[PDB]
Colleague: 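Here it is, the structure in full.
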Amino acid sequence: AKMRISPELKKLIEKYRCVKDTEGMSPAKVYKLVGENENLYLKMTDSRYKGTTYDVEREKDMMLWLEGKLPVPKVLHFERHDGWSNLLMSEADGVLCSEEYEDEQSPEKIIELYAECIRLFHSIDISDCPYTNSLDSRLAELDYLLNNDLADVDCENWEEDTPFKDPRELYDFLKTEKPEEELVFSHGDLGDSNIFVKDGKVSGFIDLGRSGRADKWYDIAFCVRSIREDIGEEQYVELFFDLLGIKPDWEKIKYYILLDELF
Ligand SMILES: NC[C@H]1O[C@H](O[C@H]2[C@H](O)[C@@H](O[C@H]3O[C@H](CO)[C@@H](O)[C@H](N)[C@H]3O)[C@H](N)C[C@@H]2N)[C@H](O)[C@@H](O)[C@@H]1O
Ligand SMILES: Nc1ncnc2c1ncn2[C@@H]1O[C@H](COP(=O)(O)OP(=O)(O)O)[C@@H](O)[C@H]1O
Ligand SMILES: [Mg+2]
Ligand SMILES: [Mg+2]
């Protein structure tokens, strides 16, 4: 248990000036490798999350599968060293969505980007998708996290509208209100922190440990959540739906939003 990376990987990143990310809120460790000819990225999770949607090991699988289907990083190196899952990947092409609009009067551009991701997602053949993240599987995983204290139940940034007075109240609810599901490709954590844009078009997706099959409303819900907080104006949510060309199923949007609360 040397705590981190193997020798080989150490040699591989030597040439680069390692810069530790400070944005990622997951349990994973992220490092930007500032190189001469390019930039590389190293992401790693410890053994506690092995098997879970946090496991970069799983993230690596989806990264490989999605190649030639979505703009994802190139899997440059992967290893399981000392109970850790370490992934070396290519820098996402484009500009981090969040950064690209971090301060602009571009509400419409954001919404457009979100709707493009959704349509784009729907066009992906999940017939051979490595993982399935159905509600059943997710709740089983949530249950696991809570039992092993792998979830931050006290100090997380919760929605101002989450009723529940404790973890199990919410778990129970999710377990009781499971909505009907209609599998489609799902990112798992669709936000301006995991999406890249270029020339006003999506150019890349990262953070894939939670990708796989799941209901259509999952990602839709995530977008709505960002939108309502990052651009206060009920009117901009209606536009997002106009672009997706569908009516909102509020009951399901609320559900998937709550589902993400303990992750
Ligand atoms: N625990 C680790 C996870 O922490 C965040 O996830 C949390 C969301 O950030 C919270 O939502 C807040 O941030 C949204 C932007 O996404 C805003 O729209 C919203 N108004 C805010 O309440 C939500 N309540 C809980 C969710 N677990 C990271 O995103 C995710 O990558 C990381 O794995
Ligand atoms: N391949 C990549 N190219 C560019 N930036 C990346 C890449 N991988 C990670 N990052 C950067 O690091 C941040 C955290 O990485 P992410 O995979 O989202 O970890 P977490 O699961 O904690 O959110 C991202 O918001 C992004 O800024
Ligand atoms: Mg992320
Ligand atoms: Mg993540």
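For this chain, numbers begin at 1 and follow the sequence in order. Just follow the structure's listing: the first ligand is 1, and inside any ligand the first atom is 1. All values below come from the heavy atoms of this structure, side chains included, with hydrogens, waters and symmetry mates left out.
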Colleague: So out of iodipamide, kanamycin, narazaciclib, sisunatovir, what's the one at ligand 1?
Modeller: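 The drug at ligand 1 is kanamycin.
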Colleague: Report, using the naming of the PDB entry, the chain with the greatest number of heavy-atom pairs under 4.5 Å to kanamycin (ligand 1).
Modeller: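 Main partner, per contacts: Aminoglycoside 3'-Phosphotransferase.
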Colleague: Quick test: of every protein heavy atom, which one is nearest to atom 17 (C) of kanamycin (ligand 1), and how far off is it to 0.1 Å?
Modeller: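 Scanning the protein heavy atoms, the shortest distance from atom 17 (C) of kanamycin (ligand 1) goes to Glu229 OE1, 3.2 Å.
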Colleague: Checking a contact table here: which protein heavy atom is nearest atom 22 (O) of kanamycin (ligand 1), and how many Å away?
Modeller: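 I find the closest protein heavy atom is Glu159 OE2, 2.7 Å.
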Colleague: N/O of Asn157 under 3.5 Å from N/O of kanamycin (ligand 1), yes or no?
Modeller: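 N/O-N/O distance below 3.5 Å exists for this pair.
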Colleague: Which of the UniProt active-site residues in chain A lies nearest kanamycin (ligand 1), and what minimal heavy-atom distance separates them, to the nearest angstrom?
Modeller: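 UniProt active site, heavy atoms, to 1 Å: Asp189, 3 Å.
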Colleague: My understanding is that we take every heavy atom of each candidate and find the minimum distance to atom 29 (O) of kanamycin (ligand 1). Doing that for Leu190, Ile227, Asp189, which one comes out nearest?
Modeller: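 Looking at heavy atoms only, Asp189 sits closest to atom 29 (O) of kanamycin (ligand 1).
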Colleague: What organism is annotated as the source of chain A in the entry?
Modeller: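 The PDB gives the source of chain A as Enterococcus faecalis.
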Colleague: What protein heavy atom lies closest to atom 2 (C) of kanamycin (ligand 1)? Include the residue and the distance to one decimal.
Modeller: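 Going by distance alone, atom 2 (C) of kanamycin (ligand 1) is nearest to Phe263 O, 3.3 Å.
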Colleague: Which residues form the binding site of kanamycin (ligand 1) when counting heavy atoms under 4.0 Å?
Modeller: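 The binding site of kanamycin (ligand 1) (heavy atoms) is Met25, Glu156, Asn157, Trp158, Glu159, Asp189, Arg225, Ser226, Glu229, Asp260, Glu261, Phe263.
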